[PDB]
**Student:** 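Here it is: the structure, laid out below.
Each residue takes its place number in the sequence, starting with 1. One-based numbering, in listed order, for ligands and for the atoms of each.
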Amino acid sequence: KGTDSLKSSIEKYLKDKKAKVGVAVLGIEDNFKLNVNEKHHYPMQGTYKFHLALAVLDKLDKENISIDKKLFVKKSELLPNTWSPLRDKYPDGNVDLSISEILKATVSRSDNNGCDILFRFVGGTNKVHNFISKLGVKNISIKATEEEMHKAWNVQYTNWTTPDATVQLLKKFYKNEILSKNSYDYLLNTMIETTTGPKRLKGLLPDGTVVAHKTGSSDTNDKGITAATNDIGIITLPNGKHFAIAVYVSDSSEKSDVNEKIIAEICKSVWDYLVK
Ligand SMILES: O=C(O)[C@H]1/C(=C/CO)O[C@@H]2CC(=O)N21
Ligand SMILES: [Cl-]
């Protein structure tokens, strides 16, 4: 009967997939809800740079600090051997960068040094955890910086979420219940104006569908397990309405192109349902 047939359709798709896949959908203006494998903790990876950006922009809003205020970034903070367009652009460090530019690198391009710079700015991972909890969203654990996750293999699992929590947080954000209008407009634009994950949530959608999103990805260990392949965001339906969706393909033995196709197929079948 509608939602449960779509849910059964997704579960049948997931049966032969060697991964633990979590799915959540929340209508923005017309309450719609769908969960698959909700009672599970999924490693977030890069998706938690969205949570960090909320915390940075909230701090700017509350303390009346301009997004153009510049922060001095020491060379020792532009770590090597990590994804970081910031360090590529400023290899020698010791540069004054506006918060706006660090945020853009972090959200739109998933900069890891940008991420840790901003964690320092808001007072560390626990401060972001508290900020998120006090918004009334439970079941998000934020324990490790990018530099910390790049050490032991296990550390990435201490940044975890249920799919429900993400989609609740995306909806609060998207309905502008969190930020000032200017902070909201900026974060939203950087989530639309990203080049990442073209084969994930957006993979099978019609050309030009606007999708504000944040990806997350992990390494693959030598037992062929890719810990995390994620995409979360807000999608615009043909009638101009929206839905928040989060897909976490975790602890997967499948090849990377299958992991992305899973996100794209699931999103497509949710799209088809709400369009019909
Ligand atoms: O497009 C719409 O009319 C509504 C809808 C209808 C089907 O549940 O559900 C999704 C949530 C939303 O905004 N959409
Ligand atoms: Cl690969």
**Student:** State what ligand 1 is bound to in this structure, picking the chain with most contacts and naming it per the PDB entry.
**Tutor:**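 Main partner, per contacts: Beta-lactamase.
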**Student:** Out of curiosity, which of dimethyl fumarate, clavulanic acid, theophylline, salicylic acid sits at ligand 1 here?
**Tutor:**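 Out of the options, clavulanic acid.
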**Student:** Using a 4.0 Å cut-off to any heavy atom of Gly27, which atoms of clavulanic acid qualify?
**Tutor:**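 Taking each heavy atom of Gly27 in turn, clavulanic acid has 11 (C) under 4.0 Å.
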**Student:** In the protein, what heavy atom is nearest to atom 4 (C) of clavulanic acid, and what distance, to one decimal place, separates them?
**Tutor:**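 So the nearest neighbour among protein heavy atoms is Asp30 OD2, 3.4 Å.
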**Student:** What organism is listed under source for chain A in the PDB header?
**Tutor:**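 The deposit names Escherichia coli.
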**Student:** Looking only at protein heavy atoms, which one is nearest to atom 9 (O) of clavulanic acid, and how far off is it?
**Tutor:**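 Among all protein heavy atoms, the one nearest atom 9 (O) of clavulanic acid is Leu274 CD2, 3.5 Å.
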**Student:** Looking only at non-hydrogen atoms, which of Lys33, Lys241, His242 approaches atom 3 (O) of clavulanic acid most closely?
**Tutor:**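 Considering heavy atoms of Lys33, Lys241, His242, the nearest to atom 3 (O) of clavulanic acid sits in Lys241.
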**Student:** Write out the residue and atom name of the closest protein heavy atom to atom 1 (O) of clavulanic acid, then the distance separating them to 0.1 Å.
**Tutor:**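 That would be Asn239 ND2, 3.1 Å.
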**Student:** For clavulanic acid, which residues make up the site at a heavy-atom cut-off of 4.0 Å?
**Tutor:**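 The heavy-atom cut-off picks out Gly27, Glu29, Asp30, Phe32, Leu237, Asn239, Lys241, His242, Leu274.
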